[PDB]
Novice: 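The following block contains the structure, expressed as structure tokens.
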Amino acid sequence: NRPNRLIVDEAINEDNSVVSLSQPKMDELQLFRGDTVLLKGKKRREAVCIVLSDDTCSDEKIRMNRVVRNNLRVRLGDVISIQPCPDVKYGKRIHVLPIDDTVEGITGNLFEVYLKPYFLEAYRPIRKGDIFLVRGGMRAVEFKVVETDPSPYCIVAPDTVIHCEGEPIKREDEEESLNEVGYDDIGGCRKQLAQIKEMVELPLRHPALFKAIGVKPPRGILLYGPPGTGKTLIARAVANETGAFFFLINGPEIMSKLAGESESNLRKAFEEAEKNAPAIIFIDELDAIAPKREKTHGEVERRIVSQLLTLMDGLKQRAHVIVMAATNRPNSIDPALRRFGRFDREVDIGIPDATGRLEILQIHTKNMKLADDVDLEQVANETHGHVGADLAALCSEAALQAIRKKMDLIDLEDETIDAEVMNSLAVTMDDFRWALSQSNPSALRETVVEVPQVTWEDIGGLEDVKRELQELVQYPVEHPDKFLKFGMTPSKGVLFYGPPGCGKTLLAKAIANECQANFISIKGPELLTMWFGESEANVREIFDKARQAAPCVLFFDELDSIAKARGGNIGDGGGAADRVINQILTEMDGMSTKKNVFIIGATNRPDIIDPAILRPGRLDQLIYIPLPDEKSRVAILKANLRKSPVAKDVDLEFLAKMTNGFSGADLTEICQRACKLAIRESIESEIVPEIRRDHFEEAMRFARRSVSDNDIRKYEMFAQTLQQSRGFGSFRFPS
Amino acid sequence: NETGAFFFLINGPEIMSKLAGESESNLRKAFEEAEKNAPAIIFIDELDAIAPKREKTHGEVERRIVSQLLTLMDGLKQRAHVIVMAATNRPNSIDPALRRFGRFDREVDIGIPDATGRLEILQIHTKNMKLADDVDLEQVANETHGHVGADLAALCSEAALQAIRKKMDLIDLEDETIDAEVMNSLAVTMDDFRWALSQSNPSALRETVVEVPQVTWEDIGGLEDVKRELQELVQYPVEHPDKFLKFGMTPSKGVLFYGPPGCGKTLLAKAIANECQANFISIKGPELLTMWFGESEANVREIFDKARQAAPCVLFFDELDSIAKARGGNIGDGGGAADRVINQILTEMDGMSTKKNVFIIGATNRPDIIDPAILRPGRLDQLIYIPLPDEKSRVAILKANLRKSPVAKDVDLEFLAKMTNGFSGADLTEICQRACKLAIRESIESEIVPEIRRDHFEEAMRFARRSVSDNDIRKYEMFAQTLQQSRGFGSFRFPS
Ligand SMILES: Cc1cc2c(C(N)=O)cccc2n1-c1nc2c(c(NCc3ccccc3)n1)COCC2
Ligand SMILES: Cc1cc2c(C(N)=O)cccc2n1-c1nc2c(c(NCc3ccccc3)n1)COCC2
Ligand SMILES: Nc1ncnc2c1ncn2[C@@H]1O[C@H](COP(=O)(O)OP(=O)(O)O)[C@@H](O)[C@H]1O
């Protein structure tokens, strides 16, 4: 079967011309890490690149870049043959010129100022009839060769000369512009984008197989998340890189036109897409199409909603059309649109984490050069409530300040702006310091679903809790098989209790990292808001988005907030049962045990917690979080001081030994007071940048202890209320 | 298709899709074109989208179309054979004027298939795709309970794409026409189905599950006192209808039993349903307390409606005292023990027919706060007490918990059940769970044995709780021979 062709996929490397393979790949073709490789394809064209060795990408797979996928005219799901080509090449004369589509506003020489600097120390090959793309110079421009030395023998070298004629040649329809959006342009959405690959690549890349088998492909995908998360360029990229006819309808334009032709327009949208098979239809605004919850107004609204329902219901085999849609909330859509055959597959995307946000900055700043002291990693750390469009706007906004701080002194007012100054436009760090000050982000109060960064290693002590948490949620995650072998269902959730300020939230975060699971935190105010507001559909989406992000962990902070607000143990004439806890009970009863979703309840007063939530099957597992011991207190001190200059003589072991009945909050305020004293001494001494032993010794005087002994006694009475290890302590079997 | 009748399908959204004025004409001419194709059959797919006459009250054309349908179905004389079937989600989501005589008199309610019902629905959708010798569809239809018939139809295809994707990467056969000599080798694997139940999010999860249980009286040991009265209280009117008309005694409408928590009240009700071969409907506490807080009290209407159409059925109310606990209990507020939800249940139970085989079972752990009116004769006059499991019944609880675990020969469950006396079913359950946890932990740590050993149970026996106190047993008994009263007339002699 000629075992030489392999499938093509996307490369995670950010390099321009780098091809990554697996370990048993170059050992068969006896090629080194800097040899010459020749690749072929359709249209009777060849290619040449540089093979790079990598053993971390995958097990047996070849990577392949975007700048050459369009150059060789290759699309996904195709076969590619690779063979070594040890041919000595040497370029002598070159002649490249850009296309008159991206050179607007550029004058003067442009060959000895951009092309010469980037060619050196690269030795990149080039074949005849190729459109390479280069990023930099505050723009995205390309060049095309029309006449040079006979192919091949093309090697870049500083000794090579170049020349120009002065007449750009327009591009044709055979090639595709690389300025559009592809898979490499998506940053942060890794797990969510991975799903669309296994749902839209089968029907669009292999049509004859679907008109051969009886499998019904999905007829609709609903994307989610707040505006700006990137629901549109995802749909445009999965169309641009799949060769499917992308047809965009926004959703407000349907209501923009007169009543009577709006239905006809999105009707004919479906037939014009069908004849362009394979096709892909994306509806940008859908909550503005079917808000069938409180509107109940407008004869044409229902007519358009039903017209869409009919157009998507009659999606038989016929041709390959995929109808994706975007909206903000799951409940803001007509439930009749969620039926089978209209929207069966739903993918929810959200705010990218720090790692997800880091990869979204450089994609938007690849054109603007940075300085040696400008790092994008630290700027994606203090921001947590920024949507993907927020940072896209922030990059440009910093760019105007960067150019404004120099145009005042340059004072070059003319009709046409010379292209010899963009090379000197380097952004500074102060350009970004102002960027996070006046920028007001949109998505700030939402469910942050991110994997934490706190592990068990950075938590000292608490071996008693470490051992039971690891055997209660980690075992069903890392060893599913040993549970079916023993016929034991995993526990649904655990509620732990303890004095305030002892790290219950951090413990839940740490157990999420051990299982490599997502983490969702619901604090007290979010739980008590729906109690006062009499709006109790909010737990529905909480439990919905907790289960779609499998595997996840659900954490409820200060669960006793409603009981405290109602009175507690007695309060009013009623008991300890309310409506919000009832909704949580209903949602937990209906969950599937085979899923890896896990609910963790945190409380400081477990005596006022409703007994029904602790019933077996919901939160039967109760563990007690005590005060940190000597080993765990050092961890709290060093976590607080990990960002501060600590002197060598400042011994944290002794400080943690001295404080015994101290909570995490008590150590936190000790560290904060020491830092305040150090800052004040540094400020007053100006008229030293190191925290000294005296700072901690003096701040140790105002040492509080917020947790009293009576509290520890009342928590214990609760603890071996449920321990009861009496009676059957000594048992001997007969034989 | 199998009756040779002209099938004409109208969805229901297409009526609202077209302009106002011809939509009425289209579903009008739909009826005459069906009549001349006699015999005919008309099915309306979306009907809740046609007549949502409960909260809409908006749109002149909506009422016009609803009335046009009412006129088209009212004028259904003999003439020709046309049958107008329709589909909708809820009974209350339909215009009540459509339920009149001559429009929709016959109603059939279908629901989620059970494990047996789901098993026969898999192979019909996978008859074309060949399976392996280790792929069994029975075990995959067991852990799923909230899957609609379309859910598994989608799941089969979804597993098919994974099955072909795991091999197309290595086959690497890219061409225009795909050869037919490879489908014969497309065999689905069990791992194709393991991933299928992970990312698939089912739709119907929070609904009334109406299925026949699988727990019988044989697997329940002991409880002969309750076995004898339950068998003579609901089984007799089901298996011997004639002996009741012969003796002129009406069957009891329902029985409420009480007992300490975690003793198997739900399992007892399930077992008595299998003995009578009757359907079982369970209503837990949260579903009862949701409508109390929500002030939405039409929910008991459909509960009692779907409990009576599935004749014969058994209706089970779990923790009936939930509303009383939420309101305070014996005293609580200035009010008594009467509320709105229990009032609706009383109204629905008073209006039921005794000749039907529907049966209501109430379960509670605090019968002192139960409203007295629900225990009035004719509604729940029969009260039976569920005690702690005895030695014979505790072995059943242990073996039910351990029926899926590797039990060693030396592990004697009879002795373990003998040792624990005042232990509830929950206490034995946590003992078994703790022993399984210890065995799993030892197996995991020993890797760096696949059998539960005697030591696992012996060590886990140390943390043996007893959640039910003696004061609780005393307070339940005070309630029990509160209503026993076998004094006074204990010795009677007739004259002759
Ligand atoms: C700033 C900080 C404040 C704080 C508090 C508090 N009431 O201020 C309570 C518990 C932990 C706390 N931390 C804290 N924060 C961190 C860590 C850490 N050490 C491990 C730990 C966790 C729970 C328990 C013990 C010790 N402690 C470890 O690395 C991540 C951040
Ligand atoms: C897992 C299980 C837990 C449990 C509990 C509990 N609070 O954990 C209470 C009562 C019965 C329980 N079962 C249980 N489950 C089953 C059976 C069975 N034995 C019969 C029985 C029923 C009620 C009573 C006695 C004994 N017991 C029998 O086969 C079906 C499943
Ligand atoms: N997750 C993301 N990855 C890459 N770019 C993004 C992302 N989210 C937003 N952007 C950028 O923000 C800009 C605005 O996106 P926008 O059209 O608001 O997305 P949507 O239509 O989904 O709200 C786009 O040009 C896009 O490049």
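A, B, C, ... go to the sequence lines in the order they are written. Heads up, chain A uses the PDB entry numbers, so what you see runs 21-707, 728-775. The numbers used for chain B are those of the PDB entry, and the residues that appear cover 260-707, 728-775, in sequence. Start at 1 and go down the list; that is how both ligands and their atoms are numbered. What you see here is only part of the deposit, and the contact count is restricted to that part.
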Novice: Looking at ligand 1, what drug do we find there?
Specialist: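 Answer: CB-5083.
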Novice: According to UniProt, what is the name of the macromolecule sharing the most 4.5 Å contacts with CB-5083 (ligand 1)?
Specialist: Transitional endoplasmic reticulum ATPase
Novice: What are the letters of the other chains having a heavy atom under 4.0 Å from CB-5083 (ligand 1)?
Specialist: A
Novice: Help me out: UniProt ATP-binding residues in chain A, which have a heavy atom under 4.0 Å from CB-5083 (ligand 1)?
Specialist: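 From UniProt's list, the heavy-atom cut-off leaves A:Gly521, A:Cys522, A:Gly523, A:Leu526.
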Novice: I need the residues around CB-5083 (ligand 1) for my notes - heavy atoms within 4.0 Å, please.
Specialist: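 Heavy atoms under 4.0 Å: A:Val474, A:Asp478, A:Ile479, A:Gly521, A:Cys522, A:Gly523, A:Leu526, A:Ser652, A:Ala655, A:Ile656, A:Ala659, A:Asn660, A:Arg662, A:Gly684, A:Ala685, A:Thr688.
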